[PDB]
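Entry below: contains VX-787.
FYI, the numbering just counts along the sequence from 1. Numbering of ligands and ligand atoms starts at 1, following listing order. Just so you know, these numbers use all the heavy atoms, side chains as well, and skip hydrogens, waters and symmetry mates.
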Amino acid sequence: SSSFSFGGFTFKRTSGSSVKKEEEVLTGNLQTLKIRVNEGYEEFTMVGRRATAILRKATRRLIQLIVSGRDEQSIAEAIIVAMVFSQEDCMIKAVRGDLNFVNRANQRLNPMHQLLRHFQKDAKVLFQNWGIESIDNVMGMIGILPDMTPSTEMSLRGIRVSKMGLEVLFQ
Ligand SMILES: O=C(O)[C@H]1[C@H]2CC[C@H](CC2)[C@@H]1Nc1nc(-c2c[nH]c3ncc(F)cc23)ncc1F
Ligand SMILES: O=C(O)[C@H]1[C@H]2CC[C@H](CC2)[C@@H]1Nc1nc(-c2c[nH]c3ncc(F)cc23)ncc1F
């Protein structure tokens with residue numbers, strides 16, 4: 001509808017709709033989180049200083065992320081935000097230790113920001129447990145492995161790196 005900020009990226013919804021439904025989820029540390037799950041199919045653009053992306057998602061499901069970034073670190077930053085934003089069970093179950101993050105005032109962060117801060121600290125467990133898949137047509141986009149190196153054979157599930165800037169899909 002209108003643009004919002006998450007993880008250093010401006011997001012804008014380009015199509016679709018969702019409704020919030022409260023769900024209780026267990027983390028990989030058996031901590032209960034109360035998350036307002038977005039239910040529906042939606043498409044987004046993401047813009048950051050060093051990466052842009054197209055995000056297509058459904059209820060707790062990253063269907064596809066196409067990322068264009070300056071370097072491996074910048075691409076990884078966009079992927080992490082997209083994986084948290086997806087609200088996938090896979091991402092919740094990749095949490096290690098308990099989440100009790102607070103802001104500058106002593107106020108507990110909301111669960112989505114708990115998750116974001118967690119995986120922005122270290123995404124290695126998230127990347128290693130997300131899943132990989134074989135990729136075929138590499139003419140327009142290539143794969144990225146859990147170690148953030150390129151591949152023309154495999155990729156993180158639903159993740160592709162564009163061989164071009166993304167104005168063509170933003171238009
Ligand atoms: O425009 C904004 O509000 C923000 C949001 C969207 C992208 C940046 C980070 C978040 C942006 N802020 C700024 N970007 C930039 C900027 C430099 N090179 C870039 N390349 C791509 C890009 F996209 C933004 C930038 N410079 C100063 C900024 F202040
Ligand atoms: O839901 C919220 O509390 C906030 C915080 C956590 C993620 C977004 C940015 C901060 C969120 N804000 C917004 N989310 C959404 C939104 C649509 N579909 C989604 N699927 C998963 C998700 F996670 C957030 C969304 N749209 C507009 C927003 F403005």
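Put simply, copies of VX-787 show up as ligands 1 and 2.
Structurally, the main neighbour of VX-787 (ligand 1) is the chain that the PDB entry identifies as Polymerase basic protein 2.
At a distance under 4.0 Å, no protein heavy atom can be found next to atom 1 (O) of VX-787 (ligand 1). Annotation: atom 10 (C) of VX-787 (ligand 1) to nearest protein heavy atom, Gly8 O, 3.9 Å. At the top of the distance list for atom 4 (C) of VX-787 (ligand 1), counting protein heavy atoms only, stands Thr10 OG1, 4.7 Å. Protein heavy atoms come within 4.0 Å of atom 6 (C) of VX-787 (ligand 1). For atom 22 (C) of VX-787 (ligand 1), the nearest protein heavy atom (residue, atom name, distance) is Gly48 O, 3.5 Å. For atom 29 (F) of VX-787 (ligand 1), the closest heavy atom belonging to the protein is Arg49 NH2, 3.5 Å. Organism of origin for chain A, per the PDB: Influenza A virus (A/California/07/2009(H1N1)). The model ties VX-787 (ligand 1) to no chain through a covalent bond. For atom 27 (C) of VX-787 (ligand 1), the protein comes within 4.0 Å by at least one heavy atom.
Close contacts between VX-787 (ligand 1) and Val47 involve ligand atoms 6 (C), 7 (C), 23 (F) [criterion: under 4.0 Å to a heavy atom]. Binding site of VX-787 (ligand 1) at 4.0 Å (heavy atoms): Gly8, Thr10, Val47, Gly48, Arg49.
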